[PDB]
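Presented below is the structure to which this report refers.
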Amino acid sequence: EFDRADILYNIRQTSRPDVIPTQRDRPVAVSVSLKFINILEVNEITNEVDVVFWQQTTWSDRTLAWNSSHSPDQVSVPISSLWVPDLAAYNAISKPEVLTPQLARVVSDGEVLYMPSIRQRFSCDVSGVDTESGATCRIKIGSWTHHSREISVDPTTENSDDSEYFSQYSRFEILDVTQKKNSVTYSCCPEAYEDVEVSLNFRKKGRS
Amino acid sequence: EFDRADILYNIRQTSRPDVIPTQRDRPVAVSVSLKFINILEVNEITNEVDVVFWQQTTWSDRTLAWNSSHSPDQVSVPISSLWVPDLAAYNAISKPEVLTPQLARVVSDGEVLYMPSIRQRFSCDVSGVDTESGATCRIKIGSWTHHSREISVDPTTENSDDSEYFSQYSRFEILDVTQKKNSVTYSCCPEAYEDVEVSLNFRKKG
Amino acid sequence: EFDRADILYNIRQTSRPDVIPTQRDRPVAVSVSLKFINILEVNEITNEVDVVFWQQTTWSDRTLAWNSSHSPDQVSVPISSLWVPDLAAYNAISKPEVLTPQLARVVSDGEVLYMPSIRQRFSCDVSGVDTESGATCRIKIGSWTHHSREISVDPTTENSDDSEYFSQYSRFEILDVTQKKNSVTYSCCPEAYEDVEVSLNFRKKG
Amino acid sequence: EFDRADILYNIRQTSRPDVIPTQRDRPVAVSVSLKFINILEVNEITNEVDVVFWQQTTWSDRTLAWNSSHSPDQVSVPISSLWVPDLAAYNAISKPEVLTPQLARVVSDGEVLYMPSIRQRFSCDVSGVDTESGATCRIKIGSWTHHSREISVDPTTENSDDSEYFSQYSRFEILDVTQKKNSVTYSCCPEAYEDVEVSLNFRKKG
Amino acid sequence: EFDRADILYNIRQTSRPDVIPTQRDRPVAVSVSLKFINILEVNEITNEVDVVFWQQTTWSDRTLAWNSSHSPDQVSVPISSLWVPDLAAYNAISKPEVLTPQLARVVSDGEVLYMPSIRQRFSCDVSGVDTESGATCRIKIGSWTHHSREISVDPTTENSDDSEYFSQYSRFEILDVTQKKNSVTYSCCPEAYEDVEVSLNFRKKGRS
Ligand SMILES: CN1CCC[C@H]1c1cccnc1
Ligand SMILES: CN1CCC[C@H]1c1cccnc1
Ligand SMILES: CN1CCC[C@H]1c1cccnc1
Ligand SMILES: CN1CCC[C@H]1c1cccnc1
Ligand SMILES: CN1CCC[C@H]1c1cccnc1
């Protein structure tokens, strides 16, 4: 039997936050999904957008696991005590501003959910934002330093609505969100790195 | 008999800041209440507001308790030595800027009061800010990661006065502040998460 | 004979920066004085000012004391090794930007002087700033979490000119600086908290 | 046989982050190459530019090496656990804003690749930016404190296309990127310091 | 013989960074000299300037010394491991933005050179900036908390041109840099504090 204090103590003492939780030479499967909350600023001249999204991030780390047969089966853990995937947005032009407490939810089987609210600026196609078909801003996210044999990134499906959490008070409306996944070889390095491309189809609402 | 040094040493040494002070499998009851001090900027086109408020936050942590029959019965404690609720404003568009010393007041029975002055910008309904009925901006606050069996959130009880500490030098005036607690289920997760919705009814002076 | 290394070692090794240096039955007497250096921005529409001042802060901590019959009688100490009063400006709308090295001067009897240069923005009365009688901006400073029995705040007892070090290159000129102690209760808590109100009477130059 | 955990433990335990991995008194050869991603703001009046670039940095540190006959031959390491060259852009007018996770890739033979995305503002020649031949902004990068007997800086670009990773959505387009190795003695100090000058020839599209 | 690792270990283990390296009740002699790199913004209405300068700072700390008959005689050391003079500019209106790695160079006899590149804004006389005589902005630098028996501050000169490292792409040109030493008594305290005043004589380049 463990209480929350015991679980959290054991995790702090033994999770190796700098060690990717790879098992038998297989990639850590990371799921990412952006839930758009607001679009704060758009510039059709510069092709830049300022956006707030929840970055729902999910993966398994079995070194975190504990027998919860007589115990709580989930806890909140500061991310500084956990390994977290080194995800970056490749077309970000500002550093990610995390708006929320930096805590992940860890299940007793080792499943982790880290879902920060992030404000970040992007360079992307803003053309058509003012028309009915709208603009399509693509956001590319992947591990910065782990190639495909170490981290895979997936846009795991749901029925997950588009503007389920998007602000009704925004000047913009979301028409569609699609996720595409890619495998790229960069000039720097010989291995392929996976990314998810998130296409945000949106437009400016008219005053009426 | 303890002096302040002993109380604070004991809190610092046995601090478990990462551990939610859950007792008898009941949620930690957190009270929140926003005391509006200033509205610094409002944009009716973008529906954004920049606000300064004291986020009065209250809860009980029995692991902090000490016998105070012959001791001080209250101390100020760095929040880095305490568990603090992971509250977030859901419609915030900037990160909370804490303007005050990050100290909580702890009572010998384990009651904590943490009341930072916060500057933060929010996405909300700014329409009507210039009519007499004013605008109503809604701010939603709740635990980011603890569901309803772990953290409940409630309005601070004490009969809430609206303009109490609000700046007389602001360009805006407060007409009314109301609160409503909700219980919401999001698609990410199967459990319900509690929030308080704070409705700030305000208008431009003139 | 202690040398500076010994003094600073002893302070650092025994320092309890979390512990208010309450002397028996008494509030720690803190003296505060703002020496205005520059007024960088003024907005008469929003009633906001951006200011730079030296926050002269003085108090006694006898736990720091040492026998200096045959030793240096003063040293500079990082404030992270010292208890420091949790002062806040109640009408501040930005968090204090400290422009100087964060060192206090500690005398062998336990007297401490901490005098940071601070840039901060405030909400206050900017009306009349461009007139002959000028504007009067009031800045309210007090302990954020320590009530009247734990901290008292007074203006430094000197006659002194708080506009003495003000920049000659400023667009503004200071006409007068006055201070008044107040003591107030807040809805949150049953005790009185002390503050100093610093009234800065200033105007634009021609 | 070591697993990733062992490799990272061993590196962390013997991380000598402040020690330049000099061998027998001969300079650490550092390769630098800037991969331009975006040009965000250009001001022809002030001669200032705001740029985003991947700063591909490469060097060898044999103290990091491990036998990978039966082990992973590469790991990602927090740069806080590694010595990293003290490179600075001499004409930068803002501190480097690092946009990416601060991890370097370390090969079992001791080769290190650190490649942060950086946003930084520079002072340089913006004249002609809205002509056809374009502007040429020169960025000078070298070790801040290590002279030529301790750090050598070389452009290894490996010959990969200029506009390769540059945003197609930028307002600007890259015409050409060239590099020059320099060796400058400064008035302060008697030894020479190496730098690479990266010349970005770019324009506004039509 | 010590190697670099030994030197740095020994310094890390025994530097007392909060201890002023006073020897026998003498002041620590600190030399300061500003090498101007750029003038970014000037406002003649508000009397404010935004400047970039190398703040060349030099002093001796005998506790850092080591025998280098058969060892490297200089190392780079993080300033977090060293005592550094608590210098401040008295007319600065922003905090000193350090643009460079925060390393000092330490010689085996205990001489230290710390030379950060700093961007900072000042309140000073901007009048005359677009005439041929130019403006003269005075920058006052001294120890914040150490009086003259603990720290003296002294300007030092080289025969180099003041523009050696001034940007040729600035909108301003430097006409002259001079420096004065002062000893001032403030109201707070009974002791004299030393400062160096650095007078930057500059003007706007021809607009064409
Ligand atoms: C795959 N990353 C994305 C761009 C560069 C590359 C990389 C590789 C190794 C270390 N850092 C970055
Ligand atoms: C209640 N939170 C707000 C948005 C998602 C949710 C959540 C749940 C678990 C871990 N992180 C975030
Ligand atoms: C006197 N303080 C300033 C305003 C609220 C009050 C207070 C009391 C206890 C803890 N935090 C804040
Ligand atoms: C190469 N650096 C750039 C300018 C001065 C020089 C330097 C030398 C020693 C310590 N810091 C800086
Ligand atoms: C020399 N400094 C400049 C103004 C105040 C003074 C000072 C003295 C002691 C501690 N802090 C500041």
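Convention: sequence-line order gives letters A, B, ...; per-chain numbering from 1. As the structure lists them, so they are numbered: ligands from 1, and atoms in each ligand from 1. In what follows, every heavy atom counts, from backbone to side chain, and hydrogens, waters and symmetry copies are set aside.
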ask   = Can you identify the drug molecule modeled at ligand 5?
value = (S)-(-)-nicotine
query = Which polymer chain has more close contacts with (S)-(-)-nicotine (ligand 5) than any other, using its name in the PDB entry?
reply = acetylcholine-binding protein
message = Help me out: which other chains have heavy atoms closer than 4.0 Å to (S)-(-)-nicotine (ligand 5)?
response = C, E
query = Which domain of chain E, as defined in UniProt, supplies most of the contacts with (S)-(-)-nicotine (ligand 5)?
reply = Ig-like
ask   = Considering only the protein, which heavy-atom contact is closest to atom 11 (N) of (S)-(-)-nicotine (ligand 5), and what is its distance?
value = C:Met115 CB, 3.8 Å
ask   = Below 4.0 Å from any atom of (S)-(-)-nicotine (ligand 5), is there a heavy atom belonging to E:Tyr90?
value = yes
ask   = Heavy-atom distance to atom 7 (C) of (S)-(-)-nicotine (ligand 5): which of C:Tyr165, E:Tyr186, E:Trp144 wins?
value = E:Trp144
key: Protein residue, atom and distance nearest to atom 9 (C) of (S)-(-)-nicotine (ligand 5), heavy-atom basis   = C:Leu113 CD2, 3.7 Å
request  = Look up the covalent bond partner of (S)-(-)-nicotine (ligand 5) and give residue and atom, or none.
outcome  = none
query = Which organism does the entry credit as the source of chain E?
reply = Lymnaea stagnalis
query = Which (S)-(-)-nicotine (ligand 5) atoms are under 4.0 Å away from a heavy-atom of E:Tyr193?
reply = 1 (C), 8 (C)
key: For atom 4 (C) of (S)-(-)-nicotine (ligand 5), the protein heavy atom that lies nearest, with its residue and separation   = C:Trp54 CZ3, 3.7 Å
inquiry  = I'm curious which residues sit within 4.0 Å of (S)-(-)-nicotine (ligand 5), going by heavy atoms - can you tell me?
reply    = C:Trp54, C:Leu113, C:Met115, E:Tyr90, E:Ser143, E:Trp144, E:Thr145, E:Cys189, E:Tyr193
Output block, N or O contacts of (S)-(-)-nicotine (ligand 5), threshold 3.5 Å exclusive:
from: (S)-(-)-nicotine (ligand 5); atom 1: 2 (N); to: E:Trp144; atom 2: O; distance (Å): 2.6

